[PDB]
Enquirer: 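Following up with a structure containing oseltamivir carboxylate.
Quick note: numbers on chain A are straight from the PDB entry, i.e. 84-470, 474-740, in order. Order of listing sets the numbers, starting from 1, for every ligand and every atom in it.
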Amino acid sequence: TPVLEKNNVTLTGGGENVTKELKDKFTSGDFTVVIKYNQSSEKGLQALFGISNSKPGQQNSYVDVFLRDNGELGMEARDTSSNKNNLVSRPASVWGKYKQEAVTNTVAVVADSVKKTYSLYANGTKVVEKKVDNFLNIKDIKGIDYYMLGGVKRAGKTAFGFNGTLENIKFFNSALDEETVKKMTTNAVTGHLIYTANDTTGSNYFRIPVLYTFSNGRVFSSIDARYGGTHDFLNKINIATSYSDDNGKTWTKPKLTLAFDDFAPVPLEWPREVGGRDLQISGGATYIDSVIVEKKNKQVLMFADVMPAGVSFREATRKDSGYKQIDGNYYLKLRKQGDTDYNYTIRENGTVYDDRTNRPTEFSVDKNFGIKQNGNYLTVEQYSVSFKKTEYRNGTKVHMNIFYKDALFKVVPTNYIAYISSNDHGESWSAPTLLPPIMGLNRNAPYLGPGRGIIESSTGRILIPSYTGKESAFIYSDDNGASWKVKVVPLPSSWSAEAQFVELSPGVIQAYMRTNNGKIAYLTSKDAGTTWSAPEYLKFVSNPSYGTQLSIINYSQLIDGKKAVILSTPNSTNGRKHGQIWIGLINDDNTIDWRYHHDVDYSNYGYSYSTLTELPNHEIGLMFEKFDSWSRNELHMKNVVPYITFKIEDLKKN
Ligand SMILES: CCC(CC)O[C@@H]1C=C(C(=O)O)C[C@H](N)[C@H]1NC(C)=O
């Protein structure tokens, strides 16, 4: 039951005094406050409410909950005379704007004297819960005499003045329980999640979204289910999928599509504090960075990077493919426990040969890289993680796999690429096929540029974007995917050259990519990817040197009477921020008129990896990482990868 409830309080930084209403309501000193609000202006630091000693000399004696112009939700609880100052927050907790309108968010705070915790909720998620040693509730702070909506009274002056409308605000004089407040903060923002923490995947975290629309009208998503926080490495990562048969309104519950089980797919509470957030799951085989394409025959492909357990993408050897050439064929090498050389190969039917004697052994490797001996599976114990992080054997047996820490036979500790095909628009998938040593025997595979591949219309060539760190690697097939080759293109510098393709006209394609110079590069081919021009750079996007992944797609419908492309990227030198969608119209000479752009949220809000698809109804689907995924400060955060949609008319505005 609320001790005070107020409605539709509209404010422009001046606040509203509710001292009369709230003084003498807080017996224990504990509290819960639930605020449904929208901001009319995001700028500066804004308190939703403030409880304070207003008297001169007592400006550090207050409790508040605040919003920043980057979408961070926090709270302070301070006492002046004891010099105790508590701050609890989480980045990227709220939404600012959406299609020109202030977004309604619902956030809450809980202060619990027993547990000595402050908890913050936003939009259905508990964004942070922190035990504090210098715990302060309202009674602990000396001489509280002022209770305020939309600010904090410090020394008789309004501070942190809120700009917007408090739609509903509820003050309770006790700590409400976790699930009550999760339900109270649930709203329309909550339904923009396709993948959620501890859903059917078992993962608390996700990164690297991909959207694709199939020819039958299904909209398909894939994503990294990253179990040990959001680290790229070392980590345990599965690729999950989920789809919509109604233009994105509703989505299937996620399935695991690419996954190993040396570790179980289970939720882990990954520490965000400075001294824990660098921790990693050491030793777990991984699929990472998905790429999707639909063939002309309606069969679907999906590619992914494959990392054996323990193998950091910077301790992975770079001068070994993992393959041997024997009598003109390529066979994946294996090392047996206790050997120093790689004496064995996987050949026909998965039969393991001793290369020295050139004879088949009793061992074989199945379609999923699992090891058998005389037709019976070898096993290893699966690992679990508990927290002070420990990794231990949990008593469950899973198949021994050549990608594992504890395998009798092991692949070269480097990165690989695998692909799976589906004949039923992603309801079921073939077993994984590892790509051949397309870069050469004495080089490791490239790394995929996440998003989609394309079928170039004039040749039917399939093109999959990848990179080496020094070169673009344009993986292609000229035989409807039966065989694979690569065009390697030296870049001007050490670009993490994540790319996506667009066709401009028949035979003519462009690869748009990330760079290490702050700009988006694009390379043009006028022979369907066989040869590539020197790079050019977009003049209107300006990012940090490290760069971010982008999304660009072809669009089926004319815009202003012209063939169009649609680009999504952050655009900011301050971080992975300021998401924009750009409409480019193709001219008769194949130059692009970049005529329209739309800012996804306010400029200082988080926007990292993103994916665009055209919906069957010709609206646009976007899923994106609504946080800064480079920042060491915005790691291991739950429920931060939403799906939103636009009409062309929406994307014309800004
Ligand atoms: C960490 C290596 C790579 C650069 C070569 O960074 C990429 C950057 C990423 C990023 O900047 O967010 C995420 C990618 N998933 C990652 N790729 C892999 C394979 O780990």
Enquirer: Look up in the PDB entry the name of the chain making most contacts with oseltamivir carboxylate.
Expert: Neuraminidase
Enquirer: Which taxon does the entry assign to chain A?
Expert: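 According to the deposit, it's Streptococcus pneumoniae serotype 4.
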Enquirer: What atoms of oseltamivir carboxylate come within less than 4.0 Å of a heavy atom belonging to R600?
Expert: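 This gives 8 (C), 9 (C), 10 (C), 11 (O) as the contact atoms.
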Enquirer: Is it the case that oseltamivir carboxylate has an N or O less than 3.5 angstrom from some N or O of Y533?
Expert: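 Between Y533 and oseltamivir carboxylate, no N or O pair is found under 3.5 Å apart.
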Enquirer: Looking at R309, which atoms of oseltamivir carboxylate are within less than 4.0 Å of one of its heavy atoms?
Expert: 15 (N)
Enquirer: Where on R290 is there a heavy atom closer than 4.0 Å to oseltamivir carboxylate, on the side chain, on the backbone, on both, or on neither?
Expert: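 The part of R290 near oseltamivir carboxylate is the side chain, not the backbone.
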Enquirer: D388 versus oseltamivir carboxylate: do any nitrogen or oxygen atoms come within less than 3.5 Å of each other?
Expert: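 So oseltamivir carboxylate has no N or O lying under 3.5 Å from an N or O of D388.
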Enquirer: For oseltamivir carboxylate and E584, I'd like to know whether there is a polar contact (N/O to N/O, distance under 3.5 Å).
Expert: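 Checking oseltamivir carboxylate against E584, no N or O pair falls under 3.5 Å apart.
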Enquirer: Is there a polar contact, in the sense of an N or O pair closer than 3.5 Å, between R662 and oseltamivir carboxylate?
Expert: yes
Enquirer: Of the backbone atoms (N, CA, C, O) and the side-chain heavy atoms from C-beta on, which set of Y553 has a member under 4.0 Å from an atom of oseltamivir carboxylate: side chain, backbone, both, or neither?
Expert: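 For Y553, only side-chain atoms sit under 4.0 Å from oseltamivir carboxylate.
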Enquirer: Is it the case that oseltamivir carboxylate has an N or O less than 3.5 angstrom from some N or O of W716?
Expert: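 No, there is no polar N/O contact under 3.5 Å.
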Enquirer: Extract every residue of other chains having a heavy atom under 4.0 Å from oseltamivir carboxylate.
Expert: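 Sure - by heavy atoms, that gives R290, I291, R309, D315, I371, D372, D388, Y553, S582, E584, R600, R662, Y695, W716.
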